Amino acid sequence: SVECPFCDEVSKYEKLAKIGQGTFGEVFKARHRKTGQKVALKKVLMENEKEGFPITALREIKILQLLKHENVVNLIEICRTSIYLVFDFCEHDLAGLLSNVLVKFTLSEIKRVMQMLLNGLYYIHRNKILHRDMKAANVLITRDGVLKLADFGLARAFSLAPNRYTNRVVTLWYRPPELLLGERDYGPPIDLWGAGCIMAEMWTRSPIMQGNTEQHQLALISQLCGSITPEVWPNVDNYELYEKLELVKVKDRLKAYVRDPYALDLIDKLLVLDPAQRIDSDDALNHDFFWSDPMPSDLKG
Amino acid sequence: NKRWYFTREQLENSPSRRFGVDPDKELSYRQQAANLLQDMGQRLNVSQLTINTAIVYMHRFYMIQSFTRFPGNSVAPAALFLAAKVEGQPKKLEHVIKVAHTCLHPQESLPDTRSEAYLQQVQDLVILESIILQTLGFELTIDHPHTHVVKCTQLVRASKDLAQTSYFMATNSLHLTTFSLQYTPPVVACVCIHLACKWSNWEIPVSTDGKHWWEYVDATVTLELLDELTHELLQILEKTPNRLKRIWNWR
Ligand SMILES: CN1CC[C@H](c2c(O)cc(O)c3c(=O)cc(-c4ccccc4Cl)oc23)[C@H](O)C1
């Protein structure tokens, strides 16, 4: 019965297909009833919500409205009837492509995928934001071959005053060593660790470190990255979780799948243990991997 | 982008006007809702920023909705509840309701938290927060004149006193005027410095070029406006009992 000039009813879009199942909610492909424009409709979840509109959804919406970039997913508007987030539709997700055995990646297409992804991280970090949920399923690609960073549900703003940020972030497999060691004072480097895992994934087709618990993950990380000692990671022992489990070489394990040497080299500077020594978005975009033949090419496979 | 800025003619033709409410009554209802926000805000121990955000939500809400259908005493608590979540100081729904109650019915008694009466007035606040969100089109990120005040009080090497008077003007513009609906935060901040200066008898030194202190804050601002705005702000401050007293030099 009430006027609502700036929140249109989602009935303006016509659902076509429920494309996303999981615990993130329900994602629908839809079609603008007048123009045919395709969109993604992501309903805001209200399971056990006893504090009104979910504070986490406000955060996510706040961040999406701020992040406006060719390689970050695009919130068009927010709709009602219950509440829907409406995005420009992206037909593919990197997880689904990586699994379809009929899909093939030329190296110059891999270069372009990693380039668009790294450019997206450069952007969100410049805007003082951490993604905190890096993984294949959150990298999307449009019909026209433009990669979009998506799902900012765990995302959070950062800055630089000792930081009091939350520890249980990032799905186990893409979670970086810091977080496993119980870190609470971190920033952008955690997302680049994920980018490293995703990059390797472009050749292996499978997430490369499939841990079962936090300690079996840390273990799997050691059997690829070396042990976690103050010789490799100064002052790592300053943390009260180096206790267990202790233990005492990345290019080797990936030789078979990844042929390009520049590619292997970049993967090794992303999957570094010490965050202070981990390569950043800027220096990664400048790595010779992106500036040697074959050059990055547009996506059509 | 120009969505929440209105001409003086649009401020005149408000939704509350279409339903009878006079221009001076409407200004009053906003001042009352601001007071209610400041009162609940101080008792809930949230910051002046959270409150200012609440006040701007309220202001914009009544450029779309009318005071005759949405009473400020119902809207303000819900606006504050939302602003606290947006601004990082979440307060619990029950807590905001208890505090709204004691502010509005000082003598009444906290209803039985198990009654069908109370359960309903909780649902009413959750319904209003949803109505506020939709009315604002989910645009909850607010820029305040304060942000820009520090920027141009170092630009006049003003004492700590001149600066604190400027924030006071800033906060009071939100309560007492509708500048937040007409002028960008950077402009409102100039108006606030300009008047804090007039009030403190602090005179600003001419820049090295010949240009004035405000030019380095918003290109649109002209002295002709600054004087019209500081005069309007000053008049309302004079009508507000005990306010000027707070920044008045008693020595
Ligand atoms: C975990 N997750 C990944 C991101 C996803 C998501 C977004 O957050 C935002 C979007 O615009 C999309 C989109 O357009 C298409 C798809 C999509 C595409 C293909 C297969 C499966 C999916 Cl879920 O997902 C989108 C959703 O948050 C759930």
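Each chain gets a letter, A, B and so on, in the order the sequences are listed, and its residues count up from 1. Whatever order the structure lists ligands and atoms in, that order sets their numbers, starting from 1.
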A.B. asks: Mind telling me the name of the drug at ligand 1?
C.D. replies: flavopiridol
A.B. asks: Looking at this structure, what macromolecule is in contact with flavopiridol (ligand 1) the most, according to UniProt?
C.D. replies: Cyclin-dependent kinase 9
A.B. asks: I'd love to know which other chains sit under 4.0 Å from flavopiridol (ligand 1), counting non-hydrogen atoms.
C.D. replies: A
A.B. asks: Which UniProt-defined domain of chain A has the greatest number of residues in contact with flavopiridol (ligand 1)?
C.D. replies: Protein kinase
